[PDB]
Visitor: 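In this model we see mianserin bound to 5-hydroxytryptamine receptor 1E.
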Amino acid sequence: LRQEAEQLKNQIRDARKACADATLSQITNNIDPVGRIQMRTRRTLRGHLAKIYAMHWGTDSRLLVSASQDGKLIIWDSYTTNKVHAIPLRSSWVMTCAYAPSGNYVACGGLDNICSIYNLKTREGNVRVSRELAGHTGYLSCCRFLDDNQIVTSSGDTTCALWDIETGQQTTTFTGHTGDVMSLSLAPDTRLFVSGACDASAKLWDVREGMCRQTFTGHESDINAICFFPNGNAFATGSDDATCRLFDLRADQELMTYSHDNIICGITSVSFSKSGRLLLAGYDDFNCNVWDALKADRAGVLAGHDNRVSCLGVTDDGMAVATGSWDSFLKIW
Amino acid sequence: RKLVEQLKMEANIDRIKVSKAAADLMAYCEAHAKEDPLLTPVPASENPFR
Amino acid sequence: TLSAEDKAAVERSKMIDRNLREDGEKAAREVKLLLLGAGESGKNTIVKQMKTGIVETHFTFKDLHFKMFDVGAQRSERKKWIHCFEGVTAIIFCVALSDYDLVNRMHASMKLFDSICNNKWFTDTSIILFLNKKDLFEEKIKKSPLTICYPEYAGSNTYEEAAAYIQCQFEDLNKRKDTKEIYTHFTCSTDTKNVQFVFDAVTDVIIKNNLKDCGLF
Amino acid sequence: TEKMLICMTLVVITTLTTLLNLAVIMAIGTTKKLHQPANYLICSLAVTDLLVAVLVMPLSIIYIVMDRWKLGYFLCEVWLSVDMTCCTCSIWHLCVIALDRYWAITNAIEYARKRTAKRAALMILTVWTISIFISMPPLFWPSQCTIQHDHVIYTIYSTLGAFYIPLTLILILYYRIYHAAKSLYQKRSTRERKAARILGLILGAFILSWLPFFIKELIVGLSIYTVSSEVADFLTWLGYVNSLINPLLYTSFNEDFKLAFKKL
Ligand SMILES: CC(C)CCC[C@@H](C)[C@H]1CC[C@H]2[C@@H]3CC=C4C[C@@H](O)CC[C@]4(C)[C@H]3CC[C@]12C
Ligand SMILES: CC(C)CCC[C@@H](C)[C@H]1CC[C@H]2[C@@H]3CC=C4C[C@@H](O)CC[C@]4(C)[C@H]3CC[C@]12C
Ligand SMILES: CC(C)CCC[C@@H](C)[C@H]1CC[C@H]2[C@@H]3CC=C4C[C@@H](O)CC[C@]4(C)[C@H]3CC[C@]12C
Ligand SMILES: CC(C)CCC[C@@H](C)[C@H]1CC[C@H]2[C@@H]3CC=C4C[C@@H](O)CC[C@]4(C)[C@H]3CC[C@]12C
Ligand SMILES: CC(C)CCC[C@@H](C)[C@H]1CC[C@H]2[C@@H]3CC=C4C[C@@H](O)CC[C@]4(C)[C@H]3CC[C@]12C
Ligand SMILES: CN1CCN2c3ccccc3Cc3ccccc3[C@H]2C1
């Protein structure tokens, strides 16, 4: 009944407190800090005429995809700034995009409730809408790929989905979130994935079998971004309460909080470095902050965006960090 | 309804010490710090971005 | 320097840049209207008159291309996608007059209007207000007085004075009177002058923006 | 005593003018939001002001300070011709900005299609064409550089073409903009006050800076009266300081320009 839920929640909190023998900050106290981190805008990708809401790097760490209110995705070659592709969108309201791990496909989604998949390597050359995935009843916040055949998707329906592009229909529906899911993060082995929602909670789900493995709370506002640690055993969540947090899958509770008195603005994007030592959180104070993931000390500041830093990404090889903002420019550091 | 069984399944998971998890996190970070271009600035000769 | 493949890549990038510039120039002349209302405000009738998820209605009037975005099917949180419409030319709000005594979508409409026109994204965005179903209101007021929704109302139970009071209260819900203006119109069950009023409000907003570029506003 | 103060005030004026023009040019070029045809016209006006501040004012200062003028009987003609061209091109930019604003507020719907970079480039090209056509005629015909009012027919042609015609055009095009703004205001106090004050600041500056010089030119060129060198120099530099005033009028009243200045 409704009375036993509180008792079991108290039991879980007591178990978590018992497991909290020490703290991450007090263990990484003696390790040498990285110090000031300096980054310069190596590239400035121009060509968008409206606010940019999402991006995704390619597996080869060279090509990337960017989505803006222009109603057109752009596949950029980050090394030489050349626009490889410009895919017009049927619906101009897009707030998520994803670049397939094999590079063949590119997905996007927004207020049309559809994560449309375009085929980039078609025979005729010109990109075409390979699949239109419908079935969500809310604005589409993030749909990330798994392979050329499967995809996971998060919408404002407070539910996530696992679509088979070839068939075109959901194969698993993840329910349990109270608010709108606004973030996804696939595990490096692609076995589990975490989703942060507007109910100030991030749920770790199992892809293959479906049920919610774990739930992590601690935020005081809506969660706008989330990302696994490169090890795959931890993840960082950015919320509207101006604080990032690092939760651990095995420890089943948060380990460190990244916040400051100067920052009072929500986080729009969170990403990790290749080694996981740096945590790059894009703030809607028109900039980004690089935190020491083991110290919570602000190791650097990335400034140069006139408007809110909507999307942030770190390459697979960790060579560069690309930030896309509402001033319609991408910047590669 | 389904919430009680879902939360029971959540509560019946295995647990680990926070110290061990933090130690593993530090071990991974210090093992892969050498392969992190962002942490240690790579020379511009090997940097594909100029 | 650049090889044949590199030169072809640069040529493709330049052609794509040309296409993007042409598309942006084409789309910068379009007037963006964000249609909002209550559950039974009557926005569907208005859309039918002039012409899944968000519904885009494209129409043309006097060489102006209007795109109207209806987000009535979005039952999610409003603050998580409202900023997407930060750059819309105008917000077409619809209020059903006849729903003033129905148990209380009139109060819900007032609250949602207050939340919309005072939103931080729409500080400088004008609202075109429509008071739909006034023909049914004129006959509903006779049997049911307006005092049910607004106890403070004073005067005769005349549809003209009641409509004036409702309008005045909607412009009283505004707190940015020095920046934005609310254009109020009654549908009157015809489309010609309805689209004419929308066009007039849009032209007024455009002239205001042109005067503000020079600082004269 | 007087000479040092005069030199200091002239040099600070001619350096403030060039810094202001450079600031306007850099603000327009750097900011991606400020890439509009009207901002292109303002940038052209700024570069014309820069030209008249770095090619005309320095030569005027050495004439004023070092009593006489010693740079040859050839470079005097070049300086006078470039001075005509620059100080007429500034006025004609002030006129075409008025044309652009009149078309933008009056025919707002139609002029949006026509507001292309090609239109602004054509406007600036015809401004420079007019400026050249009011500077070249006197070429087909020391120790001092005295203006030669030798041919009366050119005196009326130069003074009407450069100032009085743009004067009437600016007056008409801003009176019409004032009525256009009034029609908007009346159909729905402080807004009318601001609209009157900004137009007054734009018009009265252009009057008080240039009109005395051209009225004395009209007097002298018709052999009516005679004016001393000091008064002529004072009115000449009163005309020059419009190069200083113009960026203040045409950038400080725009929100985008103020934001770009704050960013810089
Ligand atoms: C000092 C030397 C270099 C002379 C400077 C004067 C001329 C050449 C300068 C002054 C203002 C400049 C313009 C300022 C802004 C822009 C818009 C930009 O999108 C392309 C370049 C362009 C169009 C510049 C071209 C060069 C320009 C016209
Ligand atoms: C004769 C010279 C010295 C006059 C002063 C420079 C003129 C030619 C320059 C200054 C600012 C310039 C314009 C600024 C911006 C643009 C928009 C761009 O998309 C095409 C070029 C264009 C239209 C420029 C070329 C012409 C322009 C008006
Ligand atoms: C191409 C331009 C920018 C070069 C510099 C121009 C200006 C700053 C220079 C050129 C010649 C200079 C003048 C040369 C000689 C004198 C006489 C001296 O008793 C006082 C200073 C004064 C009056 C100088 C003032 C500054 C001056 C006017
Ligand atoms: C060299 C001198 C003497 C003459 C130069 C030509 C003058 C008279 C011409 C050149 C361009 C002309 C303008 C071109 C377009 C317009 C717009 C419209 O409102 C009609 C008048 C007006 C404003 C014209 C007025 C006269 C004008 C300014
Ligand atoms: C700075 C503003 C007013 C623009 C005018 C600048 C020049 C032309 C002005 C500024 C200072 C002025 C001088 C100030 C004082 C005197 C002394 C007086 O017995 C004769 C005129 C004379 C010598 C003035 C001549 C004109 C002058 C040199
Ligand atoms: C102050 N300086 C600029 C203003 N002026 C103008 C401008 C337009 C038409 C005629 C004249 C009068 C003249 C005649 C001979 C040389 C130089 C001019 C210049 C002198």
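In what follows, chains carry the letters A, B, and so on, assigned in the order in which the sequence lines appear, proteins first and then strands, with residues in each chain numbered from 1. One-based numbering, in listed order, for ligands and for the atoms of each.
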Visitor: Please list the parts of the model that make up mianserin.
Guide: ligand 6
Visitor: Help me out: which other chains have heavy atoms closer than 4.0 Å to mianserin?
Guide: D
Visitor: From the PDB file, what's the organism behind chain D?
Guide: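 Going by the PDB entry, Homo sapiens.
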Visitor: Which residues listed in UniProt as serotonin binding sites of chain D come within 4.0 Å of mianserin at the heavy-atom level?
Guide: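 From UniProt's list, the heavy-atom cut-off leaves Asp83(D), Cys87(D).
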Visitor: Using a heavy-atom cut-off of 4.0 Å, list the transmembrane segments of chain D in contact with mianserin, numbered from the N terminus as UniProt does.
Guide: 3, 5, 6, 7
Visitor: Hey, could you tell me which residues sit within 4.0 Å of mianserin? Heavy atoms only, please.
Guide: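 Heavy-atom neighbours of mianserin: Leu80(D), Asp83(D), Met84(D), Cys87(D), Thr88(D), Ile147(D), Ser158(D), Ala162(D), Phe213(D), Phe214(D), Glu217(D), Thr236(D), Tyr240(D).
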